[PDB]
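Heads up, this one has vildagliptin (bound form) in it.
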There are 2 protein chains.
Amino acid sequence: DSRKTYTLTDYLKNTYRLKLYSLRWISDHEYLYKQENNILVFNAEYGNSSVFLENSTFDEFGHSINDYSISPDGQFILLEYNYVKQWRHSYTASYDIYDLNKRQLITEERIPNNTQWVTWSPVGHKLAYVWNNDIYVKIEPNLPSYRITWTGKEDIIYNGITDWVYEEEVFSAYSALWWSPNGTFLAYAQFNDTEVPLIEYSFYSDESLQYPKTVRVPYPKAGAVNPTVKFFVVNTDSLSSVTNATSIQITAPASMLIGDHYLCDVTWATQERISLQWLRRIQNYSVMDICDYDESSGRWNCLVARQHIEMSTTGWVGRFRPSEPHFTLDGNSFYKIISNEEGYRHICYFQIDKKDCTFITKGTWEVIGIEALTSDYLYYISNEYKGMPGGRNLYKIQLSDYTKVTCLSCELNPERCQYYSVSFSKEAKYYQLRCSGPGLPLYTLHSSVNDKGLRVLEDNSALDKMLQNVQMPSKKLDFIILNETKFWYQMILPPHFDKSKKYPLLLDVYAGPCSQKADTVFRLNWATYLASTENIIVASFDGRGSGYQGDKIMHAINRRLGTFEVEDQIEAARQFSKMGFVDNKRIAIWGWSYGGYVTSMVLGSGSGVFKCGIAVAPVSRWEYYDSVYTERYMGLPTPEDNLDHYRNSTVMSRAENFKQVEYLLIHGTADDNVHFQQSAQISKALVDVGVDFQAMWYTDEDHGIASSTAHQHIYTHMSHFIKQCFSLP
Amino acid sequence: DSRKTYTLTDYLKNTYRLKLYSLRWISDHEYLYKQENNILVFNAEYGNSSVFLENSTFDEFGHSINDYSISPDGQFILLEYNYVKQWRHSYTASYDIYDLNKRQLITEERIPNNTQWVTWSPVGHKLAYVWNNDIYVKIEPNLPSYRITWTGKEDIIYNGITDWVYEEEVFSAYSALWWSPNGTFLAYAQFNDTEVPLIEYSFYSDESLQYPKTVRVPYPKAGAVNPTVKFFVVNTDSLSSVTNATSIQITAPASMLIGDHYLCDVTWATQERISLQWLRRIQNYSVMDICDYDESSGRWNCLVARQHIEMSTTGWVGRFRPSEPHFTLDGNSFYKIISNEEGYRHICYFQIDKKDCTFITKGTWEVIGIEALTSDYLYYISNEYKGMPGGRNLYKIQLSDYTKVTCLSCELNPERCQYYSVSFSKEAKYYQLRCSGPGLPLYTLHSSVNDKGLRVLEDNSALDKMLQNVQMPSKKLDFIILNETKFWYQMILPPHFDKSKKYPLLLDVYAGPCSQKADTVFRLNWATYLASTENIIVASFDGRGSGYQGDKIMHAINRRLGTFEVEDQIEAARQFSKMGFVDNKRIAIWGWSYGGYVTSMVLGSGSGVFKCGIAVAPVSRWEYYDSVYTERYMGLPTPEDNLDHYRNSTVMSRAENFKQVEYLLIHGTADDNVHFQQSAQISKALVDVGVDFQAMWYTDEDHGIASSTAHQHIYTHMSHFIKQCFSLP
Ligand SMILES: *[C@@H]1O[C@H](CO)[C@@H](O[C@@H]2O[C@H](CO)[C@@H](O)[C@H](O)[C@H]2NC(C)=O)[C@H](O)[C@H]1NC(C)=O
Ligand SMILES: *[C@@H]1O[C@H](CO)[C@@H](O[C@@H]2O[C@H](CO)[C@@H](O)[C@H](O)[C@H]2NC(C)=O)[C@H](O)[C@H]1NC(C)=O
Ligand SMILES: *[C@@H]1O[C@H](CO)[C@@H](O[C@@H]2O[C@H](CO)[C@@H](O)[C@H](O)[C@H]2NC(C)=O)[C@H](O)[C@H]1NC(C)=O
Ligand SMILES: *[C@@H]1O[C@H](CO)[C@@H](O[C@@H]2O[C@H](CO)[C@@H](O)[C@H](O)[C@H]2NC(C)=O)[C@H](O)[C@H]1NC(C)=O
Ligand SMILES: *[C@@H]1O[C@H](CO)[C@@H](O[C@@H]2O[C@H](CO)[C@@H](O)[C@H](O)[C@H]2NC(C)=O)[C@H](O)[C@H]1NC(C)=O
Ligand SMILES: *[C@@H]1O[C@H](CO)[C@@H](O[C@@H]2O[C@H](CO)[C@@H](O)[C@H](O)[C@H]2NC(C)=O)[C@H](O)[C@H]1NC(C)=O
Ligand SMILES: *[C@@H]1O[C@H](CO[C@H]2O[C@@H](C)[C@@H](O)[C@@H](O)[C@@H]2O)[C@@H](O)[C@H](O)[C@H]1NC(C)=O
Ligand SMILES: *[C@@H]1O[C@H](CO[C@H]2O[C@@H](C)[C@@H](O)[C@@H](O)[C@@H]2O)[C@@H](O)[C@H](O)[C@H]1NC(C)=O
Ligand SMILES: *C(=N)[C@@H]1CCCN1C(=O)CN[C@@]12C[C@@H]3C[C@@H](C[C@@](O)(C3)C1)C2
Ligand SMILES: *C(=N)[C@@H]1CCCN1C(=O)CN[C@@]12C[C@@H]3C[C@@H](C[C@@](O)(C3)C1)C2
Ligand SMILES: *[C@@H]1O[C@H](CO)[C@@H](O)[C@H](O)[C@H]1NC(C)=O
Ligand SMILES: *[C@@H]1O[C@H](CO)[C@@H](O)[C@H](O)[C@H]1NC(C)=O
Ligand SMILES: *[C@@H]1O[C@H](CO)[C@@H](O)[C@H](O)[C@H]1NC(C)=O
Ligand SMILES: *[C@@H]1O[C@H](CO)[C@@H](O)[C@H](O)[C@H]1NC(C)=O
Ligand SMILES: *[C@@H]1O[C@H](CO)[C@@H](O)[C@H](O)[C@H]1NC(C)=O
């Protein structure tokens, strides 16, 4: 073989690009799609298109447009520019509204600069936005806004947006507002961070800045004072008729008010029914309220007969949080993924005023998500097919007969496609399937009326062609047996892999709770280069604490982070040695964030198994990490709760054992998530016991170390280190 | 040769220790010396001693005594403990006073904890101290203190202590107090930092600290708002318990008040006469006032006819600041080192009443310091002998005939001793000579009347005998010629140096203005190990900008930092590389602080001479560094002054050129002097152009990276780097 390999530059420079097919449904029949910077509108049924917006219409704009969004009634388009990243989901931007009917920009009563969030109402063209931490509503794009809150205060009161920890760990979003289905009501959360301590770090900025700035962010570490939260609902239809519309508060249940708690889910059921889930700071107890608008008092009432309790005896509640309900049209019943009696997550069906639900799925596998619900059918994704926890398929269950379950995706192309996600049109008339492995991504459009394939949207044949000329690595997905339990693993194997030979191995680790690093997804990444060009086997292993396989496995690390998930990685490497194709003198380990923690814990174990390793942005001590995430698994760091284990599971206390390995420690200085502090303490502890190691900081890079130049620099730096670790004398 | 070499462990663990002999003169006849933790008093003429304080008198004190300070009359001893370092000179401590007559500790009116500075009067046993930024005076150790100032405010108003930049760059001390010769008056400065911006950086502290703290320090970077200063004198003989002490202000001259200025020298002339020097922010103009106490006014008058102006047309004034005056017994005249018309630093004799001074020394060499003055002789150290700029000897000059100059140290032991410093008794009746190279240090006692060598105090006999069993490197001091000028260099040469072998070479650079790295001093440092064990030649070179050779050389870099002194290093290495015993494929460079800057500029020069280098806490951009030092050499970074060269002289601009070298960049995160910022911006510029390099941060280390564990760690890491750089294919 004399084909070129997949090299480091190929990865860093994106030589071989995955084609996507990102569409946005605007109705039950139509979707939008970007073709050569034009925006086309497509008829789902026939596949014909038209130009919705010519690529030329905003040359005279004066600003580089970042993104757009169309009002649901098709009458307006929201143009977003001056985009400035904040945290994982948050950012600020400017906005203009373009009137698609007058084919003109709106120049009156403009959305202000430095707007934090904006969203159309779900019907029509109402807008709600957050600016300087307060909520505003526009009934009409050209008309003046109604202010909803006056309490907004930078770093202190957040109305309709999350603070740092709620954004990262609770809502996976910045926005904390929720329009009712037809846009009458605007629900929102308000966060009070008054007593939450600040993380403080330097940001150096462009070379031209003389004095570095100090970034200060309300951020509760483990056991510290959390933000408090309140929930309100305003009737936006009353705005133009009243001076100052009343925000009606819906208070948390008594069982929550006794202590620290979180708002963890908001979901509208009908025009006049909203559901809330609350979670105790000790995250093994949650309560759902279901609240009705009382038309004669203007108030919101949550009948205790409608309150649902979700708890856990073995761990926390939910995968990362209690799951969302999906309500039937009339809002009198709902479906919800919950852990069954055997510890497997399955769909349960509830009447809103009956406490016991009925399971509609069951088995030793898990429902990943409920994707759509019609009067006749519920569609969901599971890992049922072939008992593969790392696969994903779309299924359709008949609501009038639960024994009738069709797999909609399983056999479409079983060799090429074992990992699916889906996108339904507005009333589930059509669906896009997105296959993402083990072969090249494949996007297809389907019609729900008959589940017939309409057309291939994108098959990546261009890439496939290019990839023929390349000595691509292969992926093996399998399992090994420990104490009568299956534990899955994957291996990125060099091309022409020969079992008779001994190979350097890199163990690519994450291993946080409910993580899954062994799966059927096709990836073009650093591992691809290492296996293809450097002939390294890159392995990953889902041990105790890993997800999608039941609570027996997932909750094994409950209150005990830094134990089983760490030792199971070490054991994995041992088992790979036994397999006979691994050079046991050349075993390396690496990971990012939770993977950095695990890597460091493994390198400090004294096991003798690993020659070297790389921790990027590691956690080093659970008390440095945020409350919501950490406490979920570890409880509170107090003598009466779990302090002993918090203190026993630090990287620093293993500093002496790093004498036996080669270590590379890397961290962005402006990491708002895993604070530079965490590596600063590892390095100090290593210096303190006389251990030599390698280090790299990335000035002004955050958790992602994702700026174009830093991304290339870090993977270059890590490649040299691995190659040095591995090469033969 | 079966002998051990001088290893890295020997340097790090201090296996071979230089013996010292640190005495304190208490009179014209006697000195104190700490021996076996006992304090002894020595008669200088005979050599006999008595015990002044037994090593056990404080056995039940309950604290470790950091240090001691005996009152000038011998009646009291100030005990220092709870020492907590601040910057280069500043610290706080607790103090107790022990009465030597009563043989007991004083327990009433104790000096407060967290005392910032304390000092005895020059005669007797009065005390002045600073606490919470205010000045206090005790007439007697057991009596209540009088409060002198009431304006002290942390980080804002400093009475009798310096702020950050005055401590580091002006006085090389924390104290800003000056007793009159007999203790009647206490002079002091007051610093006001209200509008000085703060440098801010993280401090991580011990592992147990959950949130890092932010350290905030008033620190003016180049061009920023400086502290303002006032000067005051208070009579300590007329203090009352009833009324608030009165301080008399001496205002700066009009020529200073017109703009930003500094107080740069305070020197008492008589019991009732004080001199002060002031320096313009543009540091090429200074003025001395000489101020007489007026008994009927109770005021201090500085006659214009007694002003002395000192300026420079080619650079700044003085080496690092205008030199100190040395007044005669009547205070009517004084001696002062100033740059002569040839640009060489020599002793000028001034009358307080007359504008023209008279040079009493001349020649192409320089006076280092005036050391002692009698009515018959002035004693000084110069580098006159053998025309060697890097040697130092003690001379006396006859005041009645300037042609009569006698060298007192030159011929004592020319082979071992070419570098001296001196300590004189109270009326210069006796002097101690401290030889520090080229051989092992040698301390001798002498009497002034006929310059008799009385006795050897310490000859390092023991060390000599240990060193005979080690393969020690030698030192070559020599010169090269550039455009007709001698420039000196030194080489630390491996044992058994062979002019026919080719050795790798490390350029140890500092090269700041007025620096000297080529000298006759004996040193046991990192270079010693590199030469003795690794057989690396370690060279240093004094090019343009270097000190003690006249202003033509020293002022060459005026307004032009990062030019000629960087060029001259490259040129020296170029010349070394053409010598027969230097391997031109293995030339490295390293330096700390100003040396880190120069090392970085050299590596980024594109010269191709250097294979690798190490920068420790480098400056990278002159606008990041402090006003007093930077502006001395650079002027102001404004478009109408010197901004273009501030911007042309950054390390960052040369990032591209690092592509062809190996670079290790190291910095302490708690460096208050050269901020971590400076390295953060270097790394970021290197990342931006795709250059790989090596880095190490030291968590919570300041500029010295001097904690015992960090110090071992940095040198271990640098040793690995140099060894790898010099390892042969
Ligand atoms: C709209 O109503 C709210 C609620 O009463 C007003 O906000 C209050 O204003 C007073 C006085 O300014 C404060 O003391 C209260 O704490 C505020 N309450 C809340 C819940 O924020 C608001 O000012 C009204 N807006 C207008 C324009 O009248
Ligand atoms: C959206 O839903 C809301 C809430 O049910 C509707 O508002 C109610 O409409 C009925 C008319 O059938 C009135 O009797 C009530 O007074 C309304 N209640 C409130 C709180 O406004 C609203 O009409 C619906 N909007 C649309 C466009 O259909
Ligand atoms: C939620 O988690 C906590 C901690 O695991 C549980 O509290 C423990 O409960 C048992 C049984 O009452 C006690 O013996 C322990 O002392 C408790 N530990 C504490 C308070 O730290 C709590 O019971 C859990 N809730 C559920 C439903 O399992
Ligand atoms: C220290 O300096 C500041 C100015 O840098 C002085 O504050 C000024 O004082 C005058 C008179 O009191 C006011 O009119 C100004 O408005 C003040 N300026 C600022 C910026 O605050 C302060 O008085 C000085 N302190 C001492 C003790 O001398
Ligand atoms: C220290 O010097 C001061 C200043 O000259 C002496 O104080 C003066 O002494 C004279 C002569 O006795 C008095 O008439 C003056 O009134 C004093 N001046 C002041 C300003 O107080 C003082 O005597 C000297 N101290 C010692 C211990 O000798
Ligand atoms: C102190 O230094 C400054 C800066 O070099 C000198 O000011 C310069 O003087 C010349 C001639 O008078 C002017 O043409 C320049 O424009 C000035 N430069 C600046 C930046 O102002 C000043 O003359 C020096 N003082 C002495 C005594 O030499
Ligand atoms: C797409 O075409 C629509 C025309 O309807 C006919 O399309 C023919 C191709 C054929 O299949 C007939 O059966 C259909 O009745 C038209 O109404 C839509 O406006 C077009 N949509 C877009 C986005 O261009
Ligand atoms: C130091 O010596 C003094 C003792 O007298 C000396 O006289 C010399 C002339 C010579 O003959 C010596 O042998 C004698 O010892 C005495 O006054 C000092 O107090 C002594 N001790 C000290 C200063 O600690
Ligand atoms: C690194 N992985 C850090 C340290 C341990 C927790 N981790 C987080 O960033 C936690 N936040 C999330 C939780 C889940 C899974 C990951 C993506 C996220 O969006 C959802 C946020 C990490
Ligand atoms: C490193 N050398 C830094 C950056 C450039 C100047 N430098 C300083 O620390 C300046 N301060 C002094 C100035 C002189 C020489 C050195 C010792 C000192 O006490 C007197 C303080 C450095
Ligand atoms: C605009 O659209 C046309 C296709 O109709 C295409 O040729 C052109 O490249 C597009 N321009 C940009 C800037 O995307
Ligand atoms: C936003 O910023 C610019 C000034 O930088 C201004 O001209 C523009 O009008 C602003 N937009 C709005 C909506 O205020
Ligand atoms: C936020 O909480 C603090 C107490 O922590 C309180 O004083 C303040 O009023 C609150 N602000 C609100 C709810 O707007
Ligand atoms: C210094 O600190 C100790 C211990 O807290 C205290 O008892 C003592 O009184 C302090 N000294 C003075 C002079 O205040
Ligand atoms: C001295 O001055 C200070 C501050 O101005 C004042 O508070 C104090 O009362 C004064 N004391 C006397 C005795 O005048």
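A, B, C, ... go to the sequence lines in the order they are written. All chain A residue numbers match the PDB entry; in order, they span 38-766. What you see of chain B is 38-766, where the numbers are those given in the PDB entry. As the structure lists them, so they are numbered: ligands from 1, and atoms in each ligand from 1. Below, all heavy atoms of this structure are taken into account, side chains as well, without hydrogens, waters or symmetry copies. Header says: X-ray crystallography, 2.4 Å.
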Checklist entry - Which entities in the file belong to vildagliptin (bound form), all copies counted? => result ligands 9 and 10
Checklist entry - What does UniProt call the chain that holds vildagliptin (bound form, ligand 9) with the greatest number of close contacts? => result Dipeptidyl peptidase 4 soluble form
Checklist entry - Which other chains get a heavy atom nearer than 4.0 Å to vildagliptin (bound form, ligand 9)? => result A
Next on the checklist: I'd love a list of the residues lining vildagliptin (bound form, ligand 9) within 4.0 Å - heavy atoms, by chain and number.
Outcome noted: A:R125, A:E205, A:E206, A:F357, A:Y547, A:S630, A:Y631, A:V656, A:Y662, A:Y666, A:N710, A:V711, A:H740
Checklist entry - What's the shortest distance from atom 8 (C) of vildagliptin (bound form, ligand 9) to any protein heavy atom, and which residue and atom give it? => result A:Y662 OH, 2.8 Å
Next on the checklist: I'd love to know the UniProt active-site residue of chain A closest to vildagliptin (bound form, ligand 9) and how far apart they are by heavy atoms, to 1 Å.
Outcome noted: A:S630, 1 Å
Next on the checklist: Among all protein heavy atoms in this structure, tell me which lies nearest to atom 16 (C) of vildagliptin (bound form, ligand 9), with the distance rounded to 0.1 Å.
Outcome noted: A:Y547 OH, 4.2 Å
Checklist entry - Can you find an N or O of A:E206 that's nearer than 3.5 Å to an N or O of vildagliptin (bound form, ligand 9)? => result yes
Item to check | Residue/atom in covalent bond with vildagliptin (bound form, ligand 9) | outcome: A:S630 OG
Item to check | Test of proximity, A:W659 against vildagliptin (bound form, ligand 9): N or O pairs below 3.5 Å | outcome: no
Checklist entry - Where is the nearest protein heavy atom to atom 2 (N) of vildagliptin (bound form, ligand 9): which residue, which atom, and how far? => result A:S630 OG, 2.4 Å
Item to check | Shortest protein contact, atom 12 (C) of vildagliptin (bound form, ligand 9) (heavy atom only) | outcome: A:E205 OE2, 3.5 Å
Item to check | Protein contact to atom 15 (C) of vildagliptin (bound form, ligand 9) [nearest heavy atom, distance to 0.1 Å] | outcome: A:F357 CE2, 4.2 Å
Checklist entry - Hey, does A:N710 come in under 3.5 Å of vildagliptin (bound form, ligand 9), counting only N/O atoms on both sides? => result yes
Checklist entry - Within a distance of under 4.0 Å, is there any protein heavy atom near atom 5 (C) of vildagliptin (bound form, ligand 9)? => result yes
